[PDB]
Amino acid sequence: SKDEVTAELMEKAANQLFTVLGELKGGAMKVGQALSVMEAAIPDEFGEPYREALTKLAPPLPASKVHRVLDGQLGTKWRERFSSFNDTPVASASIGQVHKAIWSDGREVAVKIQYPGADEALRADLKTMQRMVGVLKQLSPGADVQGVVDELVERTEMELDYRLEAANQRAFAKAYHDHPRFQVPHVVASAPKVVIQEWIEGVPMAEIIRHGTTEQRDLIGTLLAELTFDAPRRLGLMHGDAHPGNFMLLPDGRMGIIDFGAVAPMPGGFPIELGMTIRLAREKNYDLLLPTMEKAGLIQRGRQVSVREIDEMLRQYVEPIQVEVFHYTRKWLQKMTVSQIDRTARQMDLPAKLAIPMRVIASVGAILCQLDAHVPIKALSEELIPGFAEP
Ligand SMILES: CC[C@H]1OC(=O)[C@H](C)[C@@H](O[C@H]2C[C@@](C)(OC)[C@@H](O)[C@H](C)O2)[C@H](C)[C@@H](O[C@@H]2O[C@H](C)C[C@H](N(C)C)[C@H]2O)[C@](C)(O)C[C@@H](C)C(=O)[C@H](C)[C@@H](O)[C@]1(C)O
C-alpha cells in the first residue's frame, strides 16, 4: 500500500504548496495569521448558522431520498417520464449520485441526483469565504483578491445548478451530432438538481492509462488532441481542463465525452498568434518571433528578452510538431521541467484569449504523456490551428 502512501504524501505536499502560493500572491499573510484575524473580524453570530447547514450532508443516498429529490425537481409524476428506474446508483458524483434508467421513449438514460443538503451547505460555504475575502481586502495590506469572489460564485453554482452544465452539453451535442470521431450524449431533461442524458459506455480513459494497449492509447490520445482544437473552430467553445473521467473510448473507435461543467468561451475561435508563434519558433525566426510574442502578450512589453528562455518557454509546444508522429512520454515531460537557466521575461498576466487555450493545451498534453500516446499532432495543427500552417 506504500505507493498510494506516496500518492497521499504527494497530494499533501502539492496542496500546502498552493497554500504558500496563496499566502505570498494572495492574502499577503500566512493562513495561521489570517485565521486569527478572521476569528475576531467575523461575529460568532455568523459562525454557526453556517455550521447547521453543513451537518445535513449513510455515505450512499437511501432510495427514499432519491425519490424525494426527484419529487422536487421533476415533480409528482416523475415515474411517468421513465419506463423504469434503478434505485441502486451506478456511480458517484461530486455532490450527488448517478442512476441508470430507461426513458419513456425506450432509450437508456443516465440520471444524476444531487444530495438534498448540498445546496445550503455549499451556498453557505460561499458566503463564509466571501466574508473572509472582505477581511483580507480591508485588513491585510498589499493583498491581491480581485475576481476571487467572482471565481467562487461561478464555481459554486456550476456545481449547484445542473442546468448550467446541461446547457453546455446541449451546445456540444449539436456541433458533434453524427460526428465520425466524437460522440456527445444528448440531454434529455435538465433541472437544478436533476440532469438526464443518454447512456453511453466504453473503455474509460483512466482504464487505458493504467494498462491499455498501444493502439488504444494512440487512438484516444489522438482524438483528445483533435477535440482540443476542433471545438473552438466549430463551436466557438473550448472544453475546459480535462480529467480522464470525462472521456472513454467507444468500441467503434470514437471517443465519448460525458462531462461539460468546465466549458470556456472562445467566441472568435482559436487565436491566430498562438499557431503563428509556434510556426516562427520552429523555424527559428527570432526576428519575427519576438515582435509577435510582444504584440500577442506572451512576453512583457519593453523588456530585454533572452532567446535561451524563449526556447524553454515554447519547447513543450514546438518539439511535438517537429516530427510527423510525436510520442508523448512521461520521460519527455520530465525533460521539459529542466531549465538550463540557473539563478523574468515571461508574461505572468496573459490576456484571457491566450490564457484559456494555453492552460487547456498544457493539461491535455499532460494526459497524452500519461497515455504514452503516439499522436500526429503536426498534421492536426496544420489543419485546425490558425497561423500554424505556412501561408
Ligand atoms: C479554460 C480554463 C478554465 O477557465 C479559466 O480559467 C478562465 C481563464 C476563466 O475566465 C477568466 C477570464 C474572464 C474574462 O472570463 C472569460 C473572467 O471574466 C473570468 C472571471 O475569469 C473562466 C472561463 C471563468 O469563467 C467565467 O467566469 C465569469 C465570472 C463569468 C463567465 N461567463 C459569464 C462567460 C465565465 O465563463 C471561471 C470563473 O474560471 C469558470 C469556473 C467555473 C471554472 O473553474 C472553470 C470551469 C475552469 O475550470 C475553466 C473554464 O477550465
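Quick note: residue numbers are just sequence positions, from 1. Values below: every heavy atom of this structure, side chains too, minus hydrogens, waters and symmetry copies. Every number for a ligand or one of its atoms is a count from 1 in the order of the listing.
- Picking from digoxin, erythromycin, vaniprevir, the molecule at ligand 1 is erythromycin.
- In this entry, more contacts with erythromycin come from one chain than from any other, and the PDB entry calls that chain Probable conserved ATP-binding protein ABC transporter.
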